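Lactotransferrin bound by licofelone.
For this chain, numbers begin at 1 and follow the sequence in order. Start at 1 and go down the list; that is how both ligands and their atoms are numbered.
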Amino acid sequence: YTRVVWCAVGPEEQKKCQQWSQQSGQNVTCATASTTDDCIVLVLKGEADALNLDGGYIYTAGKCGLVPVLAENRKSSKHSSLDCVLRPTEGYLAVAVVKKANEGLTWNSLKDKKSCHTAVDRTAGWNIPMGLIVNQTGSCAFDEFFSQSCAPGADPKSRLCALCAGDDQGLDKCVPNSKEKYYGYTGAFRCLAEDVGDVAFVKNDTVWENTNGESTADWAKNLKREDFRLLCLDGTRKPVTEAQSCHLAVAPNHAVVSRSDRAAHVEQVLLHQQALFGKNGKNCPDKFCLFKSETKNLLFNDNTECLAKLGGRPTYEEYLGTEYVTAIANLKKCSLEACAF
Ligand SMILES: *[C@@H]1O[C@H](CO)[C@@H](O[C@@H]2O[C@H](CO)[C@@H](O)[C@H](O)[C@H]2NC(C)=O)[C@H](O)[C@H]1NC(C)=O
Ligand SMILES: *[C@@H]1O[C@H](CO)[C@@H](O[C@@H]2O[C@H](CO)[C@@H](O)[C@H](O)[C@H]2NC(C)=O)[C@H](O)[C@H]1NC(C)=O
Ligand SMILES: CC1(C)Cc2c(-c3ccccc3)c(-c3ccc(Cl)cc3)c(CC(=O)O)n2C1
Ligand SMILES: *[C@@H]1O[C@H](CO)[C@@H](O)[C@H](O)[C@H]1NC(C)=O
Ligand SMILES: [Fe+3]
Ligand SMILES: [Zn+2]
Ligand SMILES: [Zn+2]
């Protein structure tokens, strides 16, 4: 009765989870909710066991008692002797991306421009840039900084949702799941690509993976890396090959979380499921690939090489790092340490 009930966020994740469930012979089954917060609630009620989360959502789950279990680990350079499951994670770079042709937009002229964010509460798309912005402006009024935005999860009538597009029928505008056209890393970068916004807060890998033919999706297939610049905190603009010297932060990798009392079982089941369906898996590309979903980053980021063991049985605070947790705490003061639910 180590069936693990995964929580899928929206219908496209639910469809992938259903295929995973079928292929796993119901070793894994699926609960679904409309939002990441709602999935965390199902886990707190014991109606789902686990899901994989961005760091800002790990902060929410962690305040309510849930614990990190395994982390996404993507390709690396050095440390290459180690098996992926054992290799330390390296964090990803949160960046602010603009079009080269939008000349003289820099970090210091962002006020009153249009912004694209992966979702409220997420690390690169929200906590890092809005925390930096609140700090730099000396003001908690971050909902009045950009003239319009798409920030999935904000009030859909507010200017923080004015750029969001909803689903193809145009329903579900601004919902924080993949139905919203501009949701997530891929959606916020598409929001910039399509010039709906002036700036997208995403990570370094997003720009690479959706330019120069790395994506064949209709909106991405013609994008050229050279037509984008990163915004540096010192006011300069750099090419996207320079993200090691022009990022807003290094983010902790997305990780699986669960109730502490289920962490051990969730871990062993996931280790076995990735041996089947993960990057070199017995049954991938054969039957099912757990870490593919045609660039849509459903359940896991498509660039995940494996889910890796954590060193030191970390608490969510240790996993996130004290400085990130403190930055989050500070930003949340704009809108005392109990579970949000
Ligand atoms: C930014 O992201 C890109 C995409 O993940 C990284 O480029 C990949 O890096 C490895 C080398 O580590 C190459 O083998 C891959 O083939 C690259 N992918 C692509 C699409 O080019 C890049 O290294 C990252 N930059 C920084 C500074 O972290
Ligand atoms: C925004 O500013 C706050 C206030 O300075 C930052 O909070 C401090 O962070 C440092 C470095 O971790 C700690 O030494 C201080 O104790 C923190 N101060 C407080 C009052 O808690 C926060 O890191 C900043 N946000 C961002 C995104 O950089
Ligand atoms: C295993 C972690 C989830 C803990 C952690 C810290 C961390 C933890 C404790 C105290 C400080 C940092 C930092 C990290 C790395 C670099 C910067 Cl500039 C900021 C944070 C990173 C990203 C990285 O791998 O380099 N991680 C990943
Ligand atoms: C299902 O779970 C059992 C128990 O670990 C295991 O023997 C079997 O290999 C698993 N099968 C699949 C298809 O995940
Ligand atoms: Fe993230
Ligand atoms: Zn840095
Ligand atoms: Zn510890």
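Every copy of licofelone included, the relevant parts of the model are ligand 3. In this structure, residues within 4.0 Å of licofelone (ligand 3) (heavy atoms) are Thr89, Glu90, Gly91, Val250, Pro252, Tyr319, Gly321. At the shortest separation from atom 23 (C) of licofelone (ligand 3) among protein heavy atoms lies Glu90 O, 3.0 Å. Within the 4.0 angstrom cut-off, atom 4 (C) of licofelone (ligand 3) has one or more protein heavy-atom neighbours.
Per UniProt, most contacting residues of chain A around licofelone (ligand 3) lie in the domain Transferrin-like 2. Shown here, atom 11 (C) of licofelone (ligand 3) is out of close reach of the protein: none of its heavy atoms lies under 4.0 Å off. There is no protein heavy atom less than 4.0 angstrom from atom 21 (C) of licofelone (ligand 3). Shown in contact with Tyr319 at under 4.0 Å from a heavy atom are these atoms of licofelone (ligand 3), numbered in order with element: 2 (C), 3 (C), 4 (C). Counting only heavy atoms of the protein, atom 7 (C) of licofelone (ligand 3) lies nearest to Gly321 CA, 4.5 Å.
At the top of the distance list for atom 1 (C) of licofelone (ligand 3), counting protein heavy atoms only, stands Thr89 OG1, 3.7 Å. Of the protein's heavy atoms, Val250 CG1, 4.6 Å lies nearest to atom 14 (C) of licofelone (ligand 3).
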Would you mind listing each N/O atom of licofelone (ligand 3) next to any protein N/O under 3.5 Å, plus the distance?
unit_1                : atom_1 : unit_2 : atom_2 : d
licofelone (ligand 3) : 24 (O) : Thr89  : O      : 3.2
licofelone (ligand 3) : 24 (O) : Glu90  : O      : 3.0
licofelone (ligand 3) : 25 (O) : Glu90  : O      : 3.2

